[PDB]
Structure formats: C-alpha cells, structure tokens
Amino acid sequence: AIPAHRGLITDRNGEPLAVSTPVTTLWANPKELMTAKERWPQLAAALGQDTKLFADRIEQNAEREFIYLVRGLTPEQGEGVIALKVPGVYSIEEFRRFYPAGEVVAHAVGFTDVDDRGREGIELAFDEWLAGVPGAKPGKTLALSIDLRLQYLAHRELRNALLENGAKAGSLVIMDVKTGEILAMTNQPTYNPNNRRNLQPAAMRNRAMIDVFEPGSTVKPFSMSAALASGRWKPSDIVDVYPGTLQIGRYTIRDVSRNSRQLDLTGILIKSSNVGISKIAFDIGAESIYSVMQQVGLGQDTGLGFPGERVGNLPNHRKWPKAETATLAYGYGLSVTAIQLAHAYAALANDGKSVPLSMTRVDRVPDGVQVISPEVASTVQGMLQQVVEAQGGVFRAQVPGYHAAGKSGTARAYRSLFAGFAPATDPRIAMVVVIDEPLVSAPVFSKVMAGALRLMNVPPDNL
Ligand SMILES: *C(=O)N1C[C@H](NOS(=O)(=O)O)CC[C@H]1C(N)=O
C-alpha cells in the first residue's frame with residue numbers, strides 16, 4: 001500500500017490550513033532482524049527506544065514479517081537510520097499532516113489519525129475528496145469558506161473576552177448572509193492539532209456545533225416575524241405589559257425590566273419583554289411561531305455533514321397550551337446550536353431568504369428559500385437596528401462606522417448570547433457570540449463585527 005498525498009486544505013483565500021508533508025517511516029522484517037541481532041542496540045539507540053524493550057518487541061514478533069519501528073520521521077532522520085545498514089530495516093514513504101494556523105482553526109479543520117485518515121472536523125467531513133486512492137493518485141485541494149483573517153480576529157477577540165469576564169468556554173460564528181458561507185467559527189478553549197499527544201477532551205469540543213442551549217430572547221425576532229406575517233400586528237401596535245408580570249394559571253411570566261406599561265412591537269424587543277412577546281404569542285398562536293422557527297432552521301439539520309454536529313430540538317406540540325405557547329415565543333421551549341442561530345439570523349438579514357450553510361468556498365451561490373417574507377424581514381431588521389441604536393438599547397453592541405442590528409439574550413448553566421448582523425441597511429454578515437457563565441457578549445460582537453466588515457471592505461452605511 002503506497003500512501004497517497006493528501007489534498008491541501010486552504011482557507012477561502014488560499015492560506016494553507018492543513019498540509020500533507022512527506023515523512024519517512026522505517027519498518028522492519030523481524031525474521032530478517034533475528035539475523036543482525038548484534039545491530040539491535042544501535043538501531044534501538046537511533047530510534048530512541050530502550051534496548052531491552054526494543055529487543056522484547058522483536059523477539060515477541062518473531063513469527064511476523066512486518067512491524068513498524070517509527071512513523072513520521074523527517075526524510076533525513078529516516079535517512080540516517082537506514083544509512084546504518086541494518087539487515088531487514090527498510091523504508092515506506094508516507095505523508096504527515098501539519099496545521100500551520102494551529103489552534104486558531106483547530107475545530108473547523110480537524111485532523112487525521114496516525115494513518116492519515118480524517119478523524120475530526122473538515123479532515124473527516126471531506127475525507128474522500130481529500131484522500132484519493134493509495135497505491136496511487138493524490139487527493140484534491142479544498143478551499144474552506146473560512147476567512148483566516150476573520151477567524152483570527154474572532155479567535156483573538158473571543159479569548160480576550162473570556163479573560164475579561166472570567167469565563168472558561170465560548171464560541172463565535174461569522175456567516176456571509178448572502179452566500180451561506182461560514183466565514184469564521186471559533187471555540188474556546190481550543191487546542192494545537194500539531195501536538196495532540198497531550199490535549200484535554202473539553203478543548204476538543206466544537207462548541208459552536210455541539211453545545212446545545214435554549215436560545216432565550218434571541219428568538220424573539222422570529223416570534224415577532226410570525227406576528228407581522230399573521231396580519232394582526234403592525235410595528236406601531238401596542239401591548240400593555242404592566243406591571244412586568246403575567247400569571248398563566250400557576251406559572252408567572254416575569255420581565256427583567258418592569259418599568260413599562262404600553263410598548264409598541266419595537267419596544268418589546270428593546271426592553272426584551274417576555275410579557276409582551278407572550279401576549280402577542282397568545283394572540284397569534286404558537287403554530288405560526290413554530291413555523292417561522294423551523295423554516296429558519298432552529299432545531300433542524302444544518303446539512304453540513306459535519307462530524308459531531310448536533311441538531312437540538314424544536315418540539316412540534318401540534319397544539320400548544322398557553323404556558324408552552326409563551327415559553328416557545330421567548331425562547332425556552334426549544335434547543336439550538338450557535339450555528340443554527342447564526343443561520344437563522346442570516347436568513348433574517350438576507351431579506352428573509354435562507355441560503356444553505358456551507359463550510360467550503362461557495363463560488364456559485366445556490367438559490368435560497370424565501371422563509372420569511374421580504375417585507376416582514378425588512379421590518380424586523382429595522383426593529384433589531386433600533387434594539388442597538390435606541391435609548392435604553394444594547395449600546396455596547398453599536399459598531400462605529402456602521403449601523404448594526406441584533407438582540408442579546410441569556411441561554412440556558414447559563415450563557416450570554418448576542419446575535420446580530422451588519423450593516424443594517426444592506427446586511428452582509430451575521431454573527432453569534434456565546435460566552436458561558438457561572439451583555440457580556442455585545443461588546444465582542446461590536447469589536448469582531450467592526451473588524452470583519454473592514455476586512456471585507458464593506459463601505460460604512462452610517463453617513
Ligand atoms: C432573554 O434571554 N431573556 C429575557 C430578558 N431579556 O434581557 S436581555 O436583553 O439582556 O437578553 C432577560 C434575560 C432572559 C430571561 N431570563 O428571560
């Protein structure tokens with residue numbers, strides 16, 4: 001079996017992320033080795049192996065005709081060994097993977113097993129494209145959708161934010177709302193795929209795709225989309241939330257800011273009123289809200305074929321009582337990933353058209369599905385822009401130079417969420433920030449979005 005050169009993984013711009021690099025493996029015929037047995041200690045020594053352990057192995061495999069001595073040496077370490085002229089000690093020309101961007105893109109790229117077979121991330125998800133057949137024809141080059149500049153910016157800013165708010169884990173997703181491309185996907189903690197002899201299993205977790213949480217107030221825009229499509233609600237319509245609590249038989253819904261009476265629909269998002277969103281949910285029914293949430297992909301299969309990727313659960317109760325109707329509308333009757341939430345915000349930002357997710361470079365954009373009507377999506381866009389701009393809004397998420405739109409929330413162990421997109425008047429990027437915890441994340445959205453849009457030469461719309 002003559003191993004094949006493995007396809008190069010680059011980022012969307014050609015920066016190398018996984019490189020098949022030639023190495024020398026030394027193998028040995030044990031039967032031939034029992035012949036040159038006064039040579040073993042020199043072989044053992046030049047292999048870094050204990051003389052008696054080395055002798056025990058050879059003696060143990062005395063029957064066999066093929067064993068490995070060392071895998072993956074550089075071509076002149078193995079050159080030095082066979083230059084010792086030991087009978088029965090030969091060569092096999094293999095390839096080892098090296099990951100030049102290291103821990104910056106570890107979870108997305110993944111890595112190979114000892115036999116150069118895809119074991120995590122893109123390396124696994126596209127193993128057949130990348131492998132090609134042993135002898136021996138070489139695998140195929142793959143350009144990810146990741147932009148290493150945006151990835152590094154997200155990685156650096158997310159790690160800082162965890163160090164600021166004393167947090168341990170978290171993730172950040174950046175998406176092209178127009179093409180479906182995942183421009184950045186970064187997790188903390190992360191790990192160096194070039195030195196994974198010693199890496200904890202918690203840092204191996206691709207949180208953005210695996211960590212499932214109730215998204216809370218971040219799905220209020222979708223509950224509000226259902227409201228605007230029902231035909232019973234215009235943006236300037238009024239809901240009375242006084243006194244910030246609402247009794248549902250036994251349950252009591254409680255707002256965080258209990259300082260309002262009448263709120264228009266934008267006000268319900270600015271103040272993030274569970275009372276107001278529930279009252280609207282009672283009026284329109286949970287079926288409409290479930291439908292928008294399912295249509296934008298919340299709790300649905302992302303279809304990336306990514307290893308480990310989880311789906312969450314959007315339960316289709318078919319008929320919802322009042323309590324489950326409200327708990328769905330303000331985001332605790334479902335479970336999602338950061339990737340699903342970003343895809344949903346992408347659909348909202350892309351004038352209600354959902355373009356399918358892609359972890360590889362998209363040259364020919366597939367046609368999307370109009371999942372939210374363009375009028376409703378553009379209305380909700382304006383409301384979310386008011387959530388960031390307006391008085392009492394999430395000011396720490398404002399992006400200097402541009403108009404940004406978005407929604408904070410608390411996920412549920414809790415996590416701070418910010419989901420948003422920019423620029424508000426011709427959106428290009430959706431972003432989801434997840435910081436695990438024992439408006440933390442709105443500043444990170446601000447920093448990372450400011451840089452991402454500038455890296456993409458997106459002209460300021462705040463003129
Ligand atoms: C949303 O996640 N929730 C509703 C409310 N919104 O506040 S926020 O704008 O900081 O997200 C308070 C937090 C949470 C909830 N506990 O119901």
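Residues take their numbers from the sequence shown, with the count starting at 1. These values consider heavy atoms only, across backbone and side chains, with no hydrogens, waters or symmetry-generated copies. Counting convention: from 1, in listed order, for ligands and their atoms alike.
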Chain with most contacts to ligand 1 (name per UniProt): Peptidoglycan D,D-transpeptidase FtsI
Name of drug found at ligand 1: avibactam (bound form)
Avibactam (bound form, ligand 1) binding site, heavy-atom cut-off 4.0 Å: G216, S217, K220, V256, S272, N274, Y332, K407, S408, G409, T410
N or O pair under 3.5 Å between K220 and avibactam (bound form, ligand 1): no
Nearest-neighbour protein heavy atom for atom 17 (O) of avibactam (bound form, ligand 1), which is reported as residue plus atom name and distance: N274 ND2, 3.1 Å
Heavy atom of the protein closest to atom 13 (C) of avibactam (bound form, ligand 1) (residue, atom name, distance): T410 OG1, 4.0 Å
Nearest-contact summary for atom 15 (C) of avibactam (bound form, ligand 1) - protein heavy atom, Å: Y332 OH, 3.2 Å
Nearest-contact summary for atom 7 (O) of avibactam (bound form, ligand 1) - protein heavy atom, Å: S272 OG, 3.7 Å
Shortest protein contact, atom 11 (O) of avibactam (bound form, ligand 1) (heavy atom only): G409 CA, 3.1 Å
Which of the avibactam (bound form, ligand 1) atoms, numbered from 1, are nearer than 4.0 Å to a heavy atom of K407: 9 (O)
For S217, the avibactam (bound form, ligand 1) atoms whose distance to one of its heavy atoms is below 4.0 Å: 1 (C), 2 (O), 3 (N), 4 (C), 5 (C), 6 (N), 11 (O), 14 (C)
Active-site residue (UniProt) of chain A nearest avibactam (bound form, ligand 1); heavy-atom distance: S217, 1 Å
Protein heavy atom at shortest distance from atom 8 (S) of avibactam (bound form, ligand 1): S408 OG, 3.8 Å
Covalent attachment point, avibactam (bound form, ligand 1): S217 OG
